[PDB]
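Summary heading: complex between ciclosporin and peptidyl-prolyl CIS-trans isomerase.
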Amino acid sequence: XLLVXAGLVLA
Amino acid sequence: XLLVXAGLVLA
Amino acid sequence: XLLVXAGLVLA
Amino acid sequence: XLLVXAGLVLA
Amino acid sequence: XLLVXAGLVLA
Amino acid sequence: XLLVXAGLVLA
Amino acid sequence: XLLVXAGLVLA
Amino acid sequence: XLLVXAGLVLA
Amino acid sequence: XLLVXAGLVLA
Amino acid sequence: XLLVXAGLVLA
Amino acid sequence: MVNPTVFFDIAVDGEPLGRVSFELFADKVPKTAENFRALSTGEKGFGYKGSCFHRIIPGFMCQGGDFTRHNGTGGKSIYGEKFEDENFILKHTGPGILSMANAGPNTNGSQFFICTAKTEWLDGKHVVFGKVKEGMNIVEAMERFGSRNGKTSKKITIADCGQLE
Amino acid sequence: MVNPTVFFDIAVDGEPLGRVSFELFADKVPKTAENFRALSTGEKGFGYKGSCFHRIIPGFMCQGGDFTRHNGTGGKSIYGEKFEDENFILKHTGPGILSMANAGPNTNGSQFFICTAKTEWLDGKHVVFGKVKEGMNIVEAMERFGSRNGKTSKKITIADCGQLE
Amino acid sequence: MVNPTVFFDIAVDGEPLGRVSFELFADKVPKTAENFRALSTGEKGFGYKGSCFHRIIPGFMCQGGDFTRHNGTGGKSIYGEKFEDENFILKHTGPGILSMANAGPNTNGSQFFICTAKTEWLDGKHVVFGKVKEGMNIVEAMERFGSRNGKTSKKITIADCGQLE
Amino acid sequence: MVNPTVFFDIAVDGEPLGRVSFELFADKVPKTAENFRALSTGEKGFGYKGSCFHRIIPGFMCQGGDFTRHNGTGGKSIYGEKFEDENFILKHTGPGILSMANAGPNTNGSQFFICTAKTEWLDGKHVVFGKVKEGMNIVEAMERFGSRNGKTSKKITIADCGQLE
Amino acid sequence: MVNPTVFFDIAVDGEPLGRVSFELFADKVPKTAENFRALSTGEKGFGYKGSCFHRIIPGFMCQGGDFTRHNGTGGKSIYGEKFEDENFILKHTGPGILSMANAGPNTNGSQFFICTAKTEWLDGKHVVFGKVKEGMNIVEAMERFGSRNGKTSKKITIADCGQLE
Amino acid sequence: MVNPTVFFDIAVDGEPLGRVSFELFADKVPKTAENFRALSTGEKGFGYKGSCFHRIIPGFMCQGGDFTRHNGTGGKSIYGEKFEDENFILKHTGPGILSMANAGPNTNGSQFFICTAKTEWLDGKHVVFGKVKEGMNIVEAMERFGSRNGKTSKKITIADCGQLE
Amino acid sequence: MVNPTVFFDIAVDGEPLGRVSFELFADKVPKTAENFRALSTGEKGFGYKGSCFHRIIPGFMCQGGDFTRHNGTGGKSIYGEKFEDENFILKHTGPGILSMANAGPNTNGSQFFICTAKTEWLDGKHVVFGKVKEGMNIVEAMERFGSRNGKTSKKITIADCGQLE
Amino acid sequence: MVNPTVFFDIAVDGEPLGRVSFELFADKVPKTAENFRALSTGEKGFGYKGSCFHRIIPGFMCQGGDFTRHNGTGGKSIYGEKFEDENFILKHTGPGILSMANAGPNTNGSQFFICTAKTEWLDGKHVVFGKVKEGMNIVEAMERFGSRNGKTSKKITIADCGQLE
Amino acid sequence: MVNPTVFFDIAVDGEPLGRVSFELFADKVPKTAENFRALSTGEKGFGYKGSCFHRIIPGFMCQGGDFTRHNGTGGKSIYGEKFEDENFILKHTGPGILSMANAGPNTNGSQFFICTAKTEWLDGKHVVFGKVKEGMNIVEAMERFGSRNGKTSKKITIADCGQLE
Amino acid sequence: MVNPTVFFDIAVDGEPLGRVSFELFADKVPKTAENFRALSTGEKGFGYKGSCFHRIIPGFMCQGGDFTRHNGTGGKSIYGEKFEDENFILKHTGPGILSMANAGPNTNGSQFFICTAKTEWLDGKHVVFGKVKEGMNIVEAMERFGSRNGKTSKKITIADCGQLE
């Protein structure tokens with residue numbers, strides 16, 4: 001999808 | 001420390 | 001008081 | 001059902 | 001009733 | 001998985 | 001009733 | 001303080 | 001009282 | 001940081 | 001969808017009093033408006049025709065809908081013995097507001113009340129689902145037969161009822 | 001404090017049937033036991049003397065305590081129209097258990113039921129406050145006048161009542 | 001519904017001071033307003049006639065309603081020992097507001113206070129149910145007998161009270 | 001009261017497979033147990049006779065009770081569309097346990113499952129209300145007509161059913 | 001990024017009825033828009049082409065999206081079995097609102113519905129994610145094949161689908 | 001630390017009755033024990049010497065500690081106006097338990113009560129902090145001057161008090 | 001009611017800097033305002049006269065009120081060790097706001113801060129109770145003896161303080 | 001049904017080190033154990049064959065299962081991106097426990113760890129789903145290629161994997 | 001206090017691209033702003049000079065800040081391995097917003113992102129702390145080196161950075 | 001892994017009192033044990049060598065670890081300014097327990113306390129992480145230099161410290 005994470009990036 | 005994560009591994 | 005219940009009507 | 005209420009008794 | 005579910009549709 | 005639902009059965 | 005309060009003692 | 005209680009009046 | 005805090009030590 | 005505590009001041 | 005209108009023909013000890021029509025806000029509370037509509041058509045084999053207003057307190061409300069025990073301890077919805085509070089979007093804004101009576105949260109069956117005053121202390125506790133469209137004067141007339149304890153002086157009955165639109 | 005014992009002298013239609021004695025658990029629920037005790041003596045002006053058991057369902061329980069409407073919709077406590085659920089320490093452990101009937105949380109008044117079976121599905125929802133001490137055979141006799149819907153076939157009354165211990 | 005007006009004729013050490021009338025907001029808080037009304041008429045057998053204002057803090061409020069212990073530890077409602085906080089719709093907007101004193105949440109009995117200033121710190125904790133209609137000058141005369149700790153110099157008594165509207 | 005016993009006479013396409021009897025734990029879950037009993041006797045005018053097990057997963061459970069759509073999307077209770085989860089006293093302790101199927105919390109209707117294994121992952125989410133009394137071998141016979149995805153190969157039908165005790 | 005526009009070419013058994021285009025609100029619910037978008041191009045290996053609107057209730061909504069079971073018990077997302085309820089920023093404000101059908105909280109898959117009325121009773125329970133851009137009259141045509149129970153009269157089908165912009 | 005012992009020398013009306021000594025549980029509730037300990041020694045400039053037991057109800061408890069107003073509406077702790085409920089480790093296990101009186105959660109000042117019976121209905125609402133070490137029979141003697149409403153017949157007084165170990 | 005005004009006569013290293021006066025919002029937070037007012041008059045036998053501002057950060061605030069330890073680890077209220085956070089009605093709206101320093105929720109004592117900037121990140125965690133009325137130029141002068149870490153350059157002291165109105 | 005058993009053939013760089021077999025507790029966590037079992041057979045088209053153990057900390061655990069990014073930032077389940085924490089029944093009780101790695105609650109994918117010690121600080125945060133049936137000596141051999149930060153010295157690979165029972 | 005301005009000199013594969021300056025909203029989020037300011041000046045011994053933008057998604061954002069692992073798995077704050085989410089006052093209102101990347105609640109380190117669009121679905125999950133002051137054209141230029149999944153085609157590096165005001 | 005042991009060589013003013021060795025419960029609280037271990041070797045560039053025990057209360061505990069401010073207002077962890085409470089598995093069971101001092105939940109730095117008594121009132125508020133392995137007699141010797149207020153009489157210092165196993 002459109003997220004901003006540090007390490008496990010999801011859709 | 002002693003943790004088991006997926007992506008941001010902390011101490 | 002002024003309430004509208006079905007069965008135990010209180011004041 | 002088997003209940004003990006005061007006013008609206010249900011099954 | 002008027003609901004939009006997937007599987008158990010209720011009234 | 002092993003679940004018992006009514007309508008949307010998941011794994 | 002049998003309570004131990006400070007000021008409004010109830011039954 | 002400036003309170004209105006019944007029994008233990010505090011400051 | 002008997003507490004172990006860091007900074008505001010109370011009774 | 002910019003905080004106002006009493007005892008353990010943090011950043 | 002379109003909001004239904006139901007009518008009740010009221011009678012005082014058999015003698016006709018008049019008709020009250022109600023707009024049901026199915027655009028806000030569809031499961032609650034449908035229960036009242038189907039009970040006013042009697043299409044499920046049971047409903048409001050012939051029941052009485054068991055509790056009328058002048059200047060507050062008129063309560064009815066207990067078609068099984070006629071005293072406030074019965075009634076049933078078309079979904080079963082009781083159903084959830086649909087939502088609390090609408091408020092008890094004034095006379096002619098139609099709201100569900102209950103025995104605590106999520107105990108709606110078939111009893112309802114028609115407010116003859118704004119009852120805002122009831123907001124958040126009783127589901128509002130309709131309003132008197134025509135016949136407010138007939139509701140006012142009904143008030144004359146109640147009392148502060150709810151006792152009616154004559155049998156106020158729903159002589160006939162059904163859907164108009 | 002010492003746990004009081006009260007008695008009810010039950011009458012069927014007119015005929016005396018027998019005395020039931022109850023121990024009240026004032027060491028666990030003092031506010032609830034005190035309410036039943038004071039209503040059994042009549043020391044506040046109103047009480048149980050002369051009221052009937054309006055709902056007896058064989059193999060489950062006998063319910064009484066409505067001395068104002070006599071149909072399950074009234075009763076009142078010595079503390080007012082309702083009082084809080086004191087605690088749920090005691091369980092519905094078997095025949096002879098005395099517990100409060102209510103209309104949901106914190107609406108205890110005067111209505112109660114005597115269990116003729118272990119009713120553990122009610123634990124946590126009804127406050128248990130007593131136990132039949134003597135006269136279980138009389139409660140069993142009362143059972144025989146009820147039906148699956150509670151309807152009794154005789155006026156099962158409390159002819160006298162009071163405190164012994 | 002129409003909001004009742006009650007009155008209190010106040011006396012200082014015996015000598016009559018004057019009358020204060022209050023409108024009770026029954027359209028907002030009917031159970032709380034009915035308790036004050038009925039304790040003003042004395043119709044349930046007990047009430048405010050002959051009781052005193054036990055705590056008056058100038059520029060803050062006059063507190064009264066303890067007709068049983070006369071000092072702040074008693075009073076009772078017509079519903080019982082204590083009753084629920086009805087709702088917190090109204091706010092302590094200014095002088096002359098009438099609100100329930102209490103000993104924590106849901107402990108309303110009969111003690112109340114008349115504000116002689118706006119007390120918004122009390123909002124949400126005390127149920128507001130009325131306001132002075134005529135006679136504010138008598139409340140202001142009463143202030144003159146209190147002190148920072150609340151002690152009065154003279155005996156401020158409600159000689160008579162009843163309903164006007 | 002005494003716990004009821006009900007039976008199901010199972011047929012595979014046409015052939016009689018055998019009878020399974022169940023003890024229903026009315027002493028723990030009386031509203032859930034009554035629903036199943038009444039649907040087994042068919043006394044309310046609808047119930048289990050003629051319906052099938054639409055999903056059998058060998059080494060897990062047999063699911064039935066959908067008499068209205070026969071595929072898992074229907075069924076209904078004697079109480080209405082759905083009814084609350086009564087309590088979770090009992091656990092899925094081993095084969096022969098009879099428990100309710102649902103579509104999340106408080107959606108119990110008529111569908112149920114007989115487990116052929118201990119299914120503790122389901123504890124707390126499904127209400128357990130009965131156990132196979134006699135006929136466990138017939139359930140093990142039914143197993144063999146399932147597959148991992150749950151589709152059957154033959155029409156497993158409740159030919160007859162009713163109350164024994 | 002920029003909001004996608006997707007289209008459906010609806011076929012009523014044989015002849016093409018027409019094309020409905022949709023704006024997908026990727027500026028509000030990006031994860032829910034990408035799911036519909038990807039399932040409309042079919043880029044991930046499966047999607048909407050060839051599926052049917054299995055439940056249409058005139059004046060309420062058209063529901064489709066179950067491409068695996070075709071009846072309402074299936075569908076799957078590009079993220080898997082199900083995915084979270086992204087947010088409920090948008091409301092069900094009127095005709096041509098596109099929203100997720102679900103089996104309760106966080107069970108989104110592929111099933112959706114096209115509202116033909118303002119359904120505000122569904123706000124907070126269903127994620128709104130798009131709107132009919134051009135083609136409302138084709139949806140209004142589809143409407144007339146439904147019934148109050150949702151049954152379609154003719155086989156409504158998404159003949160082709162993909163992304164315009 | 002080691003648990004402190006305090007003593008009270010009780011006088012009835014004028015005459016010496018005897019000494020009750022208490023072990024204070026500073027290993028469980030150190031802040032509540034130190035508050036009582038310091039008010040017994042009087043080391044902060046105020047405390048219990050001279051104060052009376054103002055409410056004694058036989059078979060229940062003796063309540064004291066209001067060294068300011070002497071009627072149950074006062075007292076101050078050594079930490080200030082009121083202090084938090086420290087913990088509820090200890091239970092009201094039997095006669096001789098010493099526990100804090102309060103006006104609801106976190107309102108501990110200086111009033112306490114000595115139980116003359118097991119009072120488990122009070123567990124979780126009052127902090128238990130001590131137990132009668134010597135002199136239970138002096139507490140039993142004190143009992144006899146009380147009544148069901150708490151009235152004493154003689155002025156029961158702490159004539160002197162202080163620490164031992 | 002009337003809001004109190006207190007003054008501080010500031011001295012830098014003994015040299016008199018000037019007077020700052022503050023309006024205390026007794027109308028919103030009476031208990032927090034009273035604590036400050038009384039510590040400024042010194043009427044309870046302890047207070048602010050002679051103490052110093054121990055931490056000053058230019059562009060943020062000057063923190064003072066620790067009269068016991070003089071370094072941020074002490075001070076006490078007129079109600080005891082600590083007192084509750086009264087409410088958070090007011091916001092840190094700009095320079096001149098007087099607010100309480102604390103060591104977490106409900107640990108107010110005597111320490112406070114004078115904001116030289118709008119500090120909205122502190123809203124909801126520190127109780128605002130007053131505002132500079134006259135002398136903001138003296139507070140701006142005080143700022144110049146701070147540093148990024150709060151160390152002062154001179155001993156900034158409250159030479160005298162008391163109430164004006 | 002029965003609990004499955006899977007094997008891993010470990011190869012250090014390319015040299016065969018040995019086999020580790022595991023019992024998966026399908027009787028406590030069926031969905032988590034089916035995920036791991038399917039990724040070990042590769043039956044859904046993808047899985048652990050060929051991947052590496054990317055983080056090995058001696059005296060703690062060996063972590064692997066990231067078959068997409070091979071470094072700890074990837075992996076996926078057979079149900080989608082991530083899936084729910086099934087339950088926390090089982091505990092990290094000693095060497096050989098196989099448990100799920102995650103990125104906070106409900107982000108289970110395919111990464112796991114085999115404990116070489118008791119790790120009870122991880123209880124309640126990571127789902128335990130299996131234990132080493134044979135090959136604990138091979139796991140101890142693998143440990144020796146790790147370091148305190150987890151980086152290895154040789155590439156530890158799952159050369160083969162599959163089901164046994 | 002006055003809000004700081006920091007700058008970054010961006011270099012694509014070596015070649016200077018241009019400078020972006022940013023305003024840090026220290027008046028809303030002081031601790032988050034200070035972390036970024038300090039890592040930009042490099043005054044604590046580490047910071048952003050020489051780090052690269054590891055993930056750029058056109059029309060969404062450029063994510064960077066991982067100066068330890070350079071791939072999204074590292075970075076650290078000047079406060080420690082992580083810090084709390086200070087507050088969520090600022091929203092993701094448009095292009096040029098600077099916000100914290102994280103690994104769930106309260107895991108802030110050094111990674112940040114510059115929005116190239118309004119990203120309101122991220123509101124309340126990521127702390128906004130700054131805006132581009134000058135150089136949006138350089139961010140717009142940076143965008144062009146990214147792809148749908150975030151991999152950049154050229155090494156986008158912060159060649160220099162520091163504070164301006 | 002195996003639990004580490006660290007030692008402290010205590011000095012009273014300057015002369016060498018003796019060594020206290022400690023076992024750190026890395027099998028229960030690994031992050032908290034690692035913090036203490038690393039601060040005992042001084043390996044991260046700061047630590048306990050040279051700091052003093054700043055608060056010792058006989059019969060309760062010895063507090064130390066503030067190497068920054070040396071008076072209880074400082075210290076820091078190897079993880080940053082503070083870290084979370086890891087878990088509260090272990091309890092303050094008696095003398096020689098090593099536990100974390102803090103300034104509320106999740107404010108762990110470097111200060112700690114060695115208990116000379118069982119302090120169970122602190123359970124669940126302070127993380128227990130180790131126990132005196134040798135030298136309890138030396139902790140007993142340290143107690144003597146404390147006071148009820150905590151002030152030491154000689155400067156008690158950690159002359160040397162480090163790991164043993």
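The chains referred to below are lettered A, B, ... by the order of the sequence lines, with proteins before strands, and numbering in each begins at 1. Atom set for the values below is all heavy atoms of this structure, side chains included, hydrogens, waters and symmetry mates excluded. Per the header: X-ray crystallography, 2.1 Å. Parent amino acid or X stands in for every modified residue here; extra atoms are dropped from the contact count.
Mapped onto the model, all copies of ciclosporin cover chains A, B, C, D, E, F, G, H, I and J. Other chains with a heavy atom closer than 4.5 Å to ciclosporin (chain C): D, K, L, M. Applying a heavy-atom cut-off of 4.5 Å to ciclosporin (chain C) picks out D/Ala6, D/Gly7, D/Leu8, K/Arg55, K/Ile57, K/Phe60, K/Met61, K/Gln63, K/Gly72, K/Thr73, K/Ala101, K/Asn102, K/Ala103, K/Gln111, K/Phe113, K/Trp121, K/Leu122, K/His126, K/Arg148, L/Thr73, L/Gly74, L/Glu81, L/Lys82, L/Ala103, M/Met1, M/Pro30, M/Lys31, M/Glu34, M/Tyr79. Residues of ciclosporin (chain C) touching chain K at a non-hydrogen cut-off of 4.5 Å are C/Unk1, C/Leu2, C/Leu3, C/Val4, C/Unk5, C/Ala6, C/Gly7, C/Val9.
The contact region for ciclosporin (chain C) on chain K lies mostly in UniProt domain PPIase cyclophilin-type. The name for chain D in the entry is cyclosporin A. This PDB entry labels chain C with the name cyclosporin A.
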